[PDB]
Chemist: 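I'm sharing a structure that contains resiniferatoxin.
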Amino acid sequence: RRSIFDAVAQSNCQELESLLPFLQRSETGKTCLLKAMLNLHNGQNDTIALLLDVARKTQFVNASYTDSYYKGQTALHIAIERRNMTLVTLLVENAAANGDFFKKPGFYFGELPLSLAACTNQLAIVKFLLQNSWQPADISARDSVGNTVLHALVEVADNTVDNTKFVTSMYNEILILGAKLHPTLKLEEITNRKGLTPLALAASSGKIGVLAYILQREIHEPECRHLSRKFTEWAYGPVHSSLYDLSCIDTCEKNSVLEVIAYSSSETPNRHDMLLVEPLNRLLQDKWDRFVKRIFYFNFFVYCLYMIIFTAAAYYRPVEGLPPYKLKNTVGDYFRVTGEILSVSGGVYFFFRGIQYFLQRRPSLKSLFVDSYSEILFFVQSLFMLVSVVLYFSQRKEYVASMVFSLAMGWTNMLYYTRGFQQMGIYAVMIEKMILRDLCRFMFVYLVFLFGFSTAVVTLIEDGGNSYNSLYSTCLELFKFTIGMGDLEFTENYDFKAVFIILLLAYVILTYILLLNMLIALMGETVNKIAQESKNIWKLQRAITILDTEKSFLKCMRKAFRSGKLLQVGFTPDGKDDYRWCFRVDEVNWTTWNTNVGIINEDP
Amino acid sequence: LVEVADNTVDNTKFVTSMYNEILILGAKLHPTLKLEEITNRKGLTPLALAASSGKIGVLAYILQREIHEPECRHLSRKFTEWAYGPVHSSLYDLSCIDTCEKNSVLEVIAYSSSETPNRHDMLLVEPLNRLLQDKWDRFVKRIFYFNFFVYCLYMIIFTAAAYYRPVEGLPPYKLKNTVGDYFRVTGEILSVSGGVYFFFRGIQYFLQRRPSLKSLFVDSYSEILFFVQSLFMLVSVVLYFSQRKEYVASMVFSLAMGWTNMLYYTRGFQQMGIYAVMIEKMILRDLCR
Amino acid sequence: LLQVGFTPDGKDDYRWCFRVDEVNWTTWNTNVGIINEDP
Ligand SMILES: C=C(C)[C@]12C[C@@H](C)[C@@]34O[C@](Cc5ccccc5)(O[C@@H]1[C@@H]3C=C(COC(=O)Cc1ccc(O)c(OC)c1)C[C@]1(O)C(=O)C(C)=C[C@@H]41)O2
Ligand SMILES: C=C(C)[C@]12C[C@@H](C)[C@@]34O[C@](Cc5ccccc5)(O[C@@H]1[C@@H]3C=C(COC(=O)Cc1ccc(O)c(OC)c1)C[C@]1(O)C(=O)C(C)=C[C@@H]41)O2
């Protein structure tokens with residue numbers, strides 16, 4: 001064994017030739033062929049052919065490494081990786097890499113020779129394997145996870161421009177070849193174990209390039225034209241109207257692309273930019289303009305009424321006695337009690353809606369305050385209302401201490417409804433983001449400074465006065481300096497006036513002049529950085545609003561409000577009458593001058 | 001060759017190319033001799049000299065250089081452990097980047113007196129940033145957080161003991177059998193011990209580094225502030241045991257400084273470390289004018 | 001501590017290395033000198 005391995009590594013067949021007659025007369029698992037293939041330089045491994053001939057003259061071709069790390073690897077995989085067309089053909093003429101190296105430091109390409117060839121830019125080897133006379137590869141085969149070659153191609157994509165160009169081109173080539181070989185089979189419809197298709201997988205994983213390619217792709221070849229999603233309804237001059245498939249973009253049995261993009265947990269790289277693709281933005285705008293805007297405005301109006309009733313009923317709360325408060329025959333009492341009942345009902349409604357959302361989505365802690373700010377705020381207001389009810393019926397007077405907070409939250413939650421308008425939706429987005437990010441840092445630093453100087457000042461004071469020798473009072477008096485209401489001499493119970501005035505001046509210069517102006521500068525810089533990002537965040541928020549409204553209204557009319565019209569785009573390869581729910585859009589282009597064919601309809 | 005380099009793009013290309021050529025020829029003629037190991041009178045090697053003088057181009061060339069020629073391959077620092085497809089894992093030498101007998105590159109870059117042109121950008125080279133992040137994640141983060149926690153405890157004890165200072169009489173204040181007096185005296189002892197500790201640490205730093213006056217407030221802001229707080233504490237002690245009531249006039253200042261020194265510990269976090277950096281720089285530059 | 005090759009006179013060039021991975025689509029595998037046979 002050692003001598004054979006040494007001869008194979010040395011690329012010398014003299015020792016192997018001498019030992020062959022002797023053999024005839026007489027943890028890893030690597031075979032002689034695998035070792036020869038691995039230890040090959042510039043195709044200098046010549047012992048492979050002799051070893052294969054000897055093995056045939058004496059099952060060895062399929063020998064594979066048995067190690068869990070490299071389980072399943074064979075000579076064909078090594079040849080394919082090495083980019084040896086001749087060696088690959090020779091090995092094929094005369095499996096799945098399940099090893100941990102090839103599972104989801106490692107490289108994932110699927111677990112089939114066809115997938116490995118497809119993911120590596122060896123198109124010729126893909127073609128040869130697909131139409132190899134000795135043995136053709138199975139285009140529809142799936143690995144352990146269930147990914148096909150198309151799933152593997154989607155997984156490989158990393159949004160790099162060259163990588164995107166590759167993955168899209170190879171996807172198109174494999175699609176066309178698969179259609180040519182097996183017209184009946186629908187390759188894209190296949191799903192992996194998780195249940196996602198290549199399009200759904202691309203939308204879920206954030207691969208914007210693959211999604212953009214798939215959504216709007218046209219194959220002009222008459223041989224394979226049904227493998228397209230964007231057609232051309234007609235064209236007269238520089239004007240032409242086209243269609244988009246919208247097959248599983250609007251409503252799909254498993255999961256549509258819109259809801260996969262919108263309901264992503266923000267771990268997806270670029271959810272915000274994934275809705276700018278050609279069909280999706282226009283589809284969302286169509287849904288907004290058609291039937292969602294009126295429902296949104298009605299919801300806003302009803303919330304306004306609820307808040308007005310809540311404010312009126314809380315303003316006129318009974319003040320004399322202890323809760324609960326017995327009813328009175330006066331009409332005012334009846335109206336007040338009606339207001340309280342309506343407020344409590346609204347609180348319960350929001351409580352249940354928040355619980356429903358948190359169960360359905362199961363957000364993680366990190367993304368809880370980054371993707372569900374509005375839901376958290378509404379749920380917290382409902383929680384305050386319910387605590388207020390519990391205290392009120394427990395003969396406690398602290399219920400008001402809860403109620404007011406809820407009431408305050410109520411009004412400040414009206415900003416949620418500013419997402420129906422672009423220019424105010426962006427303003428609310430910036431308010432949210434600044435509150436989340438900047439104020440935490442600013443307040444940590446501010447409180448460090450304030451507490452340090454308040455402790456120093458109250459230590460200096462001796463109260464011997466107005467009992468200013470209190471930490472709370474000194475903290476409040478030093479905080480007043482920040483809001484332009486600070487008295488420089490608010491006490492005289494100190495033995496040393498110079499120390500007191502020096503401390504106050506230092507605090508004023510360090511916080512009022514330095515920290516606050518620095519915060520102004522940082523807010524200005526942040527406004528510039530996120531001028532465009534806020535627009536994308538607002539668009540995502542409105543898209544989620546549209547999806548929620550449509551899902552809620554599905555009960556009233558599940559399929560009545562469907563986007564796009566059913567149209568015939570051509571004939572199927574086997575039958576005819578290729579009917580699909582298309583979404584027409586027009587376009588005008590002076591430069592190119594009408595040079596194309598395939599206009600579905602004769603007359604514009 | 002290192003001395004000649006002036007960080008110009010053409011100059012850098014020259015100096016690196018000639019360095020490589022001379023290295024290869026020297027290896028061919030005299031394989032046994034290790035040319036780079038030689039040092040000048042000051043004791044620096046070409047790599048250490050490049051790191052010290054701020055020559056970022058020469059440092060970047062030296063740190064990550066591979067000579068594929070089989071004749072002279074050991075004259076390389078960045079290898080290639082393996083490669084399967086578009087994925088490959090490589091290695092870096094780290095010979096005298098982490099620990100060196102004379103002076104490692106990391107400590108030469110970090111402990112430079114800011115006269116070096118571009119200390120700040122010299123840590124972005126391929127091995128150094130990842131090496132520092134590895135050290136942070138592995139064993140330094142926990143010690144930093146423990147130090148922050150202990151400083152928080154010290155500051156809380158100091159604040160509590162200074163808040164309840166005796167007000168009637170003249171120092172020193174005789175002890176009382178009450179438990180509150182025992183706790184207060186324990187707080188004072190702990191505060192004084194912390195002040196002495198920071199005093200000695202500041203003296204140690206200033207002796208080891210010997211900063212110049214110009215760079216004193218540009219490279220050792222935190223050290224100066226901690227030393228000044230310790231100085232205030234010691235002056236407070238001296239006045240307190242001299243039967244003077246002005247010790248409080250010192251103590252409070254120290255106390256104030258104490259809390260505002262917590263910002264030193266915001267460098268364990270990027271987004272607040274940058275904020276503290278800007279506070280420092282603005283205080284130094286803009287407010288004077 | 002890892003072995004990176006053989007010294008010009010002796011052998012077993014051992015040094016304290018710091019491994020890092022890299023991924024690159026564009027260039028397509030064209031080099032030699034991989035220290036280890038198997039990834
Ligand atoms: C859950 C969180 C973060 C939060 C809950 C409450 C207590 C809140 O204080 C904060 C912390 C705070 C405290 C003081 C000033 C700023 C922030 O911020 C919000 C939270 C911050 C707001 C600011 O107003 C808004 O953000 C409205 C709003 C903006 C964007 C939205 O998409 C939105 O949809 C619901 C609502 C107002 C309060 O909710 C309010 O009215 C009360 C009494 C305190 C504010 O805690
Ligand atoms: C050595 C110097 C420059 C200094 C020492 C003290 C007296 C200081 O005033 C200054 C001058 C001054 C006075 C008033 C306003 C701004 C600046 O600035 C600092 C110095 C300025 C600060 C500002 O807070 C900080 O800078 C905290 C800090 C930031 C960055 C750090 O890396 C850091 O590490 C220790 C600490 C607070 C004081 O130290 C403080 O608490 C007291 C009572 C006065 C401030 O002199």
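Throughout, protein chains are lettered first and strands after them, A, B, ... in sequence-line order, and every chain is numbered starting at 1. Contacts are counted only within the shown part of the entry, which is not the complete deposit. Atoms within a ligand are numbered from 1 in the order they appear, just like the ligands themselves. Side chains are part of it too, since the values below use all heavy atoms of this structure and drop only hydrogens, waters and symmetry mates.
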Chemist: Show which other chains sit less than 4.0 Å from resiniferatoxin (ligand 2), counting heavy atoms only.
Modeler: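 Heavy-atom contacts under 4.0 Å involve A, B.
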Chemist: Filter the UniProt resiniferatoxin-binding residues of chain B to those with a heavy atom under 4.0 Å from resiniferatoxin (ligand 2), and list them.
Modeler: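 Going by heavy atoms, UniProt's resiniferatoxin binders that qualify: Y221(B), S222(B), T260(B), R267(B).
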Chemist: Would you check for a covalent tether on resiniferatoxin (ligand 2) and tell me the residue and atom?
Modeler: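 Covalent attachment: none.
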Chemist: Listed by chain and number, which residues of other chains have a heavy atom closer than 4.0 Å to any atom of resiniferatoxin (ligand 2)?
Modeler: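 On a heavy-atom basis, the binding site is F449(A), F453(A), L510(A), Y221(B), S222(B), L225(B), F226(B), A256(B), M257(B), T260(B), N261(B), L263(B), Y264(B), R267(B), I283(B).
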